[PDB]
Amino acid sequence: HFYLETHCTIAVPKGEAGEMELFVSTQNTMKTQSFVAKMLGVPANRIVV
Amino acid sequence: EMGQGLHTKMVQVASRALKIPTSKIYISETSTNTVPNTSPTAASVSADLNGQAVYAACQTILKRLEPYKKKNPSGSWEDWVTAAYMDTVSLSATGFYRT
Amino acid sequence: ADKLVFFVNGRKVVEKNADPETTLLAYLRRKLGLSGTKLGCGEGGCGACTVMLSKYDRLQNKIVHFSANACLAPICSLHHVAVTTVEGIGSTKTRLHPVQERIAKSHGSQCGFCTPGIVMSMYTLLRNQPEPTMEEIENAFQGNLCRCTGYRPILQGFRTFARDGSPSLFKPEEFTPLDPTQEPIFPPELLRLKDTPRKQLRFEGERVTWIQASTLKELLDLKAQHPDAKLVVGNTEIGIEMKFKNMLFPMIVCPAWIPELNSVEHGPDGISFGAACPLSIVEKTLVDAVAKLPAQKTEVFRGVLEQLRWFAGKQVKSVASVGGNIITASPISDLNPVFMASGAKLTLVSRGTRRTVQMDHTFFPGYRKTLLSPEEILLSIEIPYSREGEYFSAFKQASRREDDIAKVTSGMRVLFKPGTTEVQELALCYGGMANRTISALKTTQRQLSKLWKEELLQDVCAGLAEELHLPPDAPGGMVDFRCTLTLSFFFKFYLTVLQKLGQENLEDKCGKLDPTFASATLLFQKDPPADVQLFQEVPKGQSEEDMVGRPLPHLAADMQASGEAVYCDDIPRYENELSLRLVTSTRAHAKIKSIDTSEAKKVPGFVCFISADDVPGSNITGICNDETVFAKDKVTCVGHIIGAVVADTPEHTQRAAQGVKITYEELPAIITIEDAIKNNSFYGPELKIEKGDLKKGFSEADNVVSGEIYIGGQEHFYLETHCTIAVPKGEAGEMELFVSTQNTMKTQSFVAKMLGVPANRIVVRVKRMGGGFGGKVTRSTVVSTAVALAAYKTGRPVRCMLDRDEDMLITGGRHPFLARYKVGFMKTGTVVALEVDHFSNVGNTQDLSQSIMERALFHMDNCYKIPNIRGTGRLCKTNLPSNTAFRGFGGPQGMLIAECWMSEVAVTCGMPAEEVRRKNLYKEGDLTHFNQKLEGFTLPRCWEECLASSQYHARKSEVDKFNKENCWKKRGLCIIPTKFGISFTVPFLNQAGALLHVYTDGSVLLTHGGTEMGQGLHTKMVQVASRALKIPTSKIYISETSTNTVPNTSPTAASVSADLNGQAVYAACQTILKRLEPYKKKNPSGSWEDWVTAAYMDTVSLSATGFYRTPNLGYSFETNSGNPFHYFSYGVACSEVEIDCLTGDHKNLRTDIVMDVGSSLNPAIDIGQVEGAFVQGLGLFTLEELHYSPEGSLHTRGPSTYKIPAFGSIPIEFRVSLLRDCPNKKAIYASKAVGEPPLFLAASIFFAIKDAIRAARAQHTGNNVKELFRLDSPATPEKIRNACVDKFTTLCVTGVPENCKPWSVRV
Amino acid sequence: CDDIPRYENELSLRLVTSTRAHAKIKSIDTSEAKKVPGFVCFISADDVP
Ligand SMILES: Cc1cc2nc3c(=O)[nH]c(=O)nc-3n(C[C@H](O)[C@H](O)[C@H](O)COP(=O)(O)OP(=O)(O)OC[C@H]3O[C@@H](n4cnc5c(N)ncnc54)[C@H](O)[C@@H]3O)c2cc1C
Ligand SMILES: Nc1nc2c(c(=O)[nH]1)N[C@H]1C(S)=C(S)[C@@H](COP(=O)(O)O)O[C@H]1N2
Ligand SMILES: O=C(O)c1ccccc1O
Ligand code: MOM
Ligand code: MOM
Ligand code: FES
Ligand code: FES
Ligand SMILES: [Ca+2]
Ligand SMILES: [Ca+2]
């Protein structure tokens, strides 16, 4: 692809109920949210991308 | 937005739907907590699909402003907006579209 | 020297360049990232920063544990100490500790800002006393404050730790058991460092050099070479000086490690205490001594113990040294008056020199001075044993009993010649009656050889009033009250000695002791608490997953107790974030002639100073486009924001602000409500509601009474002050702000207007507030715009969290009220006509003034029907900081006024107050004075239900009986009803929005316009959403309130937020259900996840907004028609009090509340709201008071001088019950609002007090059962004592010339 | 994404990838990484919650 901006992700934990905010250079916010939620084992409502 | 100017188009689309300058409309970011279960921005249909959802949301708004536009046709968009708020009318709406 | 090493939660910390000015609280939050420990005052009076300190005592050879205020602890004094923060004992990430679990599950945590601190105080207690008594548990929270809970739940929950051991709000049987062997180990590393000998250490900060002396020689040689060098032990005095009195001691020396200064010797004349000995040790040593020795040898010891009983709190007493209290020489020291009267022996040492002196009046030369030479240091003090025929008493009286500054404090001693009753020695020493600790020499000397009888009492009182009399302009004020106390104290001493002589069988050579006088000698004591909560059970067949009506605890309670809950300032700073501090006016009204930055520019980390000239948009802001963002050309109140200073650290902004020189040209200023009335200075016209015919009314009236009353203001004192973090995005003017605010919408538009950018560019995020109570409905924008401008100016993120002193000064609070009334009534009690003119001091901007005065006018009737009524109000424009909304929004003022004249109507009719009130009550279907219909009038049930609950009549006899048996203590019993209109007076604010998303995994993310400030709103909203969607609350989450998820929201106020948003949330749920219908039908036996997945894949929107607006609202003062409210809240409370006719102190014995909250959404939350509201009302009417100088400058700027309700201020027996079977068709799920309504019910304590004062007056001054004396609010100990006119106050009453400039004047 | 300022406590991450096309992971040693200045930790599959 050679997009001038390579892949990047900033994960910021909130400390409460497993809440986590992620700044991601992605075209798929939805799958990012769920894949991170499945990995952490928390409901999707705790993860905002 | 990844450089294809998707937002520009959406702002244009919305600007035409509400009949207000693009200068009054702003798009900041894409977020899973404002619009959920979104499909990936791919298959070249992001403007087709979203432009349609943005359109729908706009129609919902126009619909609610109608009453105030009729009581003051010579009025501006700002006049109708504050009249609507002053008269406890929701000024927020979602929009959805599926092929 | 050099390296500072200590521990934090087991982890070792190595600070190579420790700054002597760095506090522990500053190091923890800003260096270690432990946000659990909060900043509530930096004054040592709130305990929100409480932590536990553990160290190896090289003296006793043991590991010791104690609590301390991290805001006063210099890390430089923590070398080789182990710190334990809230996050150090447990957390939801692992396992919560019993302390955390119980306070959480017991509903003892609302906003949660004070939880960590409470938890740490309870936790520390349990560490030293594994099975404490209830008394010990409450005693551990003397230095802890909570503004939300009302305390009861906290104590009720912890009662389970005590060895003193309708459904319920919680299940104590379910608390996990406490295993004290599972507590964190004392760092083994510290134990190994105990063998390396101690050596002097030197730390060098930006401006202070700190020297940790290891030996007495080092201390002495240092002080002899650098007499200026400041000694510091507990730092609870010097820490205040540096931070608040802006002092700087370039060289500090800490002697705490020196063993000679920590020794405790038991000698033949008494017990000497090393000068560095913390007050906790003096106390510990003395209590053990008083238990072991003869009572006759411990009279003085008991006096010192009585004082320490009311000396600060545990945190301060654990670090504050006895020598520290002495040398400070504060005129209000509670110990010096005692050490002086008993002539404690002080050993003073200098390098080479050594002397001893027994403290007397000469030991205190002048203000804050002592007899020590510059090279001398106090080595130790000897507290004397008592001799035969020698007695000692100690006294103290302030505004509040716990952790407070004494108004008058004293130590009285007397020596009788052997076997006789003739005075050989007499010493009456006082604090708070002059320049410093003094002795009533002239008066005592004259009593020598006199027999202890009536003649001596009369002569002593007369002498003290003359010899200690204070001038009308004396600093601090309240001269009369203060003098009265010096005589009143002696009277108690006098009486006490008669009893003690009676023990010697000399009760014949001394004055007679009247049986009714006896109770006057008793030391404060209180029965065990009796707290019961009654509420309704949910329908027998209600789904177990339906939480509506169930006592589900506050959703964030666990994380609030574990310190994990994140508040604004707890959010990590960006690597490039800056700190901001506001520069404010020091003039009530004047022209700004110039502003000099010269000195600010010289502070390290200084970035810039912004002002009105930096605003790119509009400098006009405020709800009424009344004020400036930054003052321009003029300042209109002491506190008027002129500009801001930007720097890298809070410490640096402090110094920078101090460096902005400002010269003014003063202009005439209007301060008092009287100044306004006199200068015709108001905001808008007079407001008025009139109904009936006054002229005809007063003419048919048998009697007519005229009167006046003043209701003081109030500071919100939310444990978390104002705070705003603004992060500029650098694109198109976008800015993101994290704000502690009840009003996201006005914050967004106020910042937008200021920056001159569209609202769509500004997003305001609120996760939670450490309290709001109305104080953050508008005044919060004041800090937001300033921080916003700094971020816009620097392009960097910036934050600012006001210190308590800035907050109290700048943000203002509840509106002070002055009212004049005229009530016309018959001899049967029926009131026929009523005229009331209200006046409110609003300040330098109109803010919400008008709306507040209207609600006041809407409740000038309370629950009484008056056919002919006229009420008017005026908004007084004054040069004070602008007041604003405070829980009640005007209602509490208007209603207290009504109960005022109503209490008089009864007294005048010679009829029982409950009867007079009962008969003047509205009935189902009546119209109010503003013509609204009272439907669902449940007040009558509450009244009858409360009378039975409290057994009002049966106890009315108990009260008379106690008053007949006691002369210097009286009791009062009073029952008060209330009616509160629910909904915003501004109709269009009665609207709300919600945004609901359902993800493909089934989990739901919900948001609405309401902000969480501890009222459990999110908890309720999740509950509502759960029920509507028919899914478990565990599948629904609410993260935050944001202007970009739900726009145009009303502030979270007026108590309707649960009504409005719960309705919008409901609307959103229905939209989702209606869309899921098709799939539910095709698969009935399917699960929620099944339907969501199906709906998603059939391309159906799983996101919906919800909206709601209350219908048919709108009042018109013109035609006096239309409904202002959607429905009313009802409640009744009965309260019994006991006052000390000699000090002004009082106990809240019992309070019974019956509240109508309709079908409660959450009875755990509502009872906590009732309790919390009532306790704030308790503070509004009896403890809280703000003093302003004659020139409009606020004197009260912190918990030290502003005393809000403490744990011990709540009613011993506290009974709260929710009215059963009373569904409210007018609100979500038949519930009712409850936030504000309860607060006024505290008025029952106000009138019970007046009832007692009535009793006291009727006895100590002939009589006059029809007498109508005035008692203003708050009814503080000064007002209560002065009201109790007796032979003592008669001698205490100062004149007040014309030219007199008093310390403070009533606003 | 990466232009977004770092928080004062923000850390950097870097993936550790396979140098073989197909093989069994016999073992993983972190002795050297632990010696690197500012090293916080190494996470692997054993860490996913
Ligand atoms: C929340 C709060 C509540 C308080 N309540 C009360 C109260 O109820 N009653 C009351 O009386 N006080 C009260 N205080 C005042 C204070 O706690 C006492 O004066 C305390 O004992 C001060 O001791 P310290 O060790 O913290 O002194 P520091 O602040 O460390 O020192 C105070 C002063 O004493 C000097 N000093 C200390 N030791 C020696 C020595 N050996 N020789 C010569 N000089 C010495 C210092 O150089 C300095 O001038 C309160 C303070 C706070 C912050
Ligand atoms: N613990 C706590 N309780 C509180 C507050 C608060 O800030 N903290 N604000 C009060 C005020 S002034 C109001 S109007 C309501 C606001 O909440 P509500 O509108 O959701 O009922 O809660 C009351 N109870
Ligand atoms: O009526 C209220 O309680 C109220 C509260 C905040 C702002 C405007 C208002 O009318
Ligand atoms: O490859 Mo482009 O459809 O995302
Ligand atoms: O209406 Mo409460 O915000 O004081
Ligand atoms: S912040 Fe330390 S006592 Fe309040
Ligand atoms: S819960 Fe204690 S101050 Fe808010
Ligand atoms: Ca604000
Ligand atoms: Ca305030």
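Lettering: A, B, C, ... assigned in the same order as the sequence lines. Residue numbering in chain A adheres to the PDB entry, whereby the residues present occupy positions 742-790 in order. Using the numbering of the PDB entry, the residues shown for chain B are 1038-1136, in order. Here chain C follows the PDB entry for its numbers: 3-167, 192-1333, in order, are the residues you see. The PDB entry numbering applies to chain D: residues 594-642, in that order. All values below were derived from every heavy atom in this structure, side-chain atoms included, with hydrogens, water molecules and symmetry-related copies excluded. In listed order, ligands and their atoms are each counted from 1. Excerpt of entry shown; contacts counted in excerpt. If you check the header, you will see the structure was determined by X-ray crystallography, 2.6 Å.
For ligand 3, the recorded drug is salicylic acid. In this entry, more contacts with salicylic acid come from one chain than from any other, and the PDB entry calls that chain Xanthine dehydrogenase/oxidase. Other chains contributing a heavy atom less than 4.0 Å from an atom of salicylic acid: C. Measured on heavy atoms with a 4.0 Å cut-off, the binding site of salicylic acid is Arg881(C), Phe915(C), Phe1010(C), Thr1011(C), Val1012(C), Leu1015(C), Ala1080(C). At least one N or O atom of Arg881(C) sits closer than 3.5 Å to an N or O atom of salicylic acid. Considering only non-hydrogen protein atoms, atom 3 (O) of salicylic acid sits nearest to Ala1080(C) CB, 3.2 Å.
Among protein heavy atoms, atom 9 (C) of salicylic acid sits closest to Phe1010(C) CD2, 3.5 Å.
Closest to atom 10 (O) of salicylic acid, if we only count protein heavy atoms, is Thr1011(C) OG1, 2.9 Å. The closest UniProt active-site residue in chain C to salicylic acid, going by heavy-atom distance rounded to 1 Å, is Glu1262(C), 5 Å.
Distance from atom 5 (C) of salicylic acid to its nearest protein heavy atom, with residue and atom name: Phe915(C) CE1, 3.5 Å.
Per UniProt's [2Fe-2S] cluster-binding annotation of chain C, a non-hydrogen atom lies under 4.0 Å from salicylic acid in no residue.
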Per-pair distances, salicylic acid N/O vs protein N/O, less than 3.5 Å:
{"unit_1": "salicylic acid", "atom_1": "1 (O)", "unit_2": "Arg881(C)", "atom_2": "NH2", "d": "3.3"}
{"unit_1": "salicylic acid", "atom_1": "1 (O)", "unit_2": "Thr1011(C)", "atom_2": "N", "d": "3.3"}
{"unit_1": "salicylic acid", "atom_1": "10 (O)", "unit_2": "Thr1011(C)", "atom_2": "N", "d": "3.4"}
{"unit_1": "salicylic acid", "atom_1": "10 (O)", "unit_2": "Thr1011(C)", "atom_2": "OG1", "d": "2.9"}

